[PDB]
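Opening notes on bosutinib bound to Wee1-like protein kinase.
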Amino acid sequence: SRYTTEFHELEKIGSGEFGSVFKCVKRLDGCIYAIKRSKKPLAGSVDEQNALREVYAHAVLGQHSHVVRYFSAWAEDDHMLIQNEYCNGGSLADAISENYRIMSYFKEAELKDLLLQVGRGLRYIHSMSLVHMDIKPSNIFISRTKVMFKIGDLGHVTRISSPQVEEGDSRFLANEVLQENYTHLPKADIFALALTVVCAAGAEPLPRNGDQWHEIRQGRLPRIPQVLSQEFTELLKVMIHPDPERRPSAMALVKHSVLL
Ligand SMILES: COc1cc(Nc2c(C#N)cnc3cc(OCCCN4CCN(C)CC4)c(OC)cc23)c(Cl)cc1Cl
Ligand SMILES: [Cl-]
């Protein structure tokens, strides 16, 4: 098995609907990698599509400091193995869960840093005529010594010119995408980033549907318990503006004054 030949497994660090993730050391270089193990996708299926969307995206983007690196992919028996860059701080979703456990939180300065760094990631991706289409806390990773945020899971990445949309998490999805309007897809990433920061700021779990869902797509920011500057709250608000064209672009977001 290539997996045991090339790597030594240190511990299982994640398991879910989309596979398990293992912290592994590669024998040859002594470096740590995050390896995802999953069911070999059915040939001709959506899962296969996701997998190929992912390879294409990394192939186009190459290495970028705000995108989780993608090294190699192969199969053993009925399973797919993918070797990724290890982000020792875990996912943002897990950090938020940790913040709750120990009564800690991301103050405003750190939220701006989050918004800025992931924004730079989005700016690069969009500059390459790609959109991510699944920005959410479980797809943002943390690399630390002091902190680097990185965009992971490129399985939904598609081309702005002639897109194939596998619609992302309903809780982070812009209304226009739900309406099968695929004409301003980069602004969908922007919308999703705002709500990602909103979760990190300590907002209640986001709605999947119903009144609360629509209220947000009306441009209403979910309730956040910590005090934030109005200038910052207004920035998050315009990022979920019902008109996608009124939302800042990534390049506009990173050039924005309100961020460091
Ligand atoms: C959503 O999509 C994808 C997500 C992943 N997942 C990860 C990537 C990536 N990429 C990178 N880095 C990761 C780091 C993780 O944990 C770091 C901290 C672990 N600690 C070990 C020590 N003890 C004491 C506490 C826990 C991690 O854990 C769940 C998952 C990671 C992959 Cl591999 C592929 C896809 Cl497609
Ligand atoms: Cl509904």
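The residues of the chain are indexed from 1 along the displayed sequence. Note that ligands are numbered from 1 as they come in the structure, with each ligand's atoms numbered from 1 the same way.
The location of bosutinib, copies and all, is ligand 1. The shortest heavy-atom distance from bosutinib to a UniProt active-site residue of chain A, with that residue, is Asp134, 7 Å. Across chain A, the UniProt domain dominating contacts with bosutinib is Protein kinase. Proximity of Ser138 to bosutinib, defined as any heavy-atom pair under 4.0 Å, is confined to the backbone N, CA, C and O atoms. Distances from atom 19 (C) of bosutinib to the protein include at least one heavy-atom value under 4.0 Å. Within 4.0 Å of atom 25 (C) of bosutinib, not a single protein heavy atom is present.
Less than 4.0 Å from bosutinib, one finds no other ligands or ions. My check of the UniProt Mg(2+)-binding residues in chain A for heavy atoms under 4.0 Å from bosutinib returns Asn139, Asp153. In this PDB entry, no covalent tether of bosutinib is modeled. Within the structure, bosutinib has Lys36 among the residues with a heavy atom less than 4.0 angstrom away. Per UniProt, the ATP-binding residues of chain A include some within 4.0 Å of bosutinib by heavy atom, namely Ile13, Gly14, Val21, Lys36. Residue contact check for bosutinib: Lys150 places no non-hydrogen atom closer than 4.0 Å to it.
Counting protein heavy atoms only, atom 22 (C) of bosutinib is closest to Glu11 OE2, 3.3 Å. Residue-level proximity to bosutinib for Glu54 is carried by the side chain, the only part with a heavy atom below 4.0 angstrom. At a heavy-atom distance under 4.0 Å, atoms from both the backbone and the side chain of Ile13 approach bosutinib. The residue from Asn139, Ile140, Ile142 that puts a heavy atom closest to atom 1 (C) of bosutinib is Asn139. The binding-site residues for bosutinib (non-hydrogen atoms, 4.0 Å) are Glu11, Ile13, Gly14, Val21, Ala34, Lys36, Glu54, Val68, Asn84, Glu85, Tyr86, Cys87, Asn88, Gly90, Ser138, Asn139, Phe141, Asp153.
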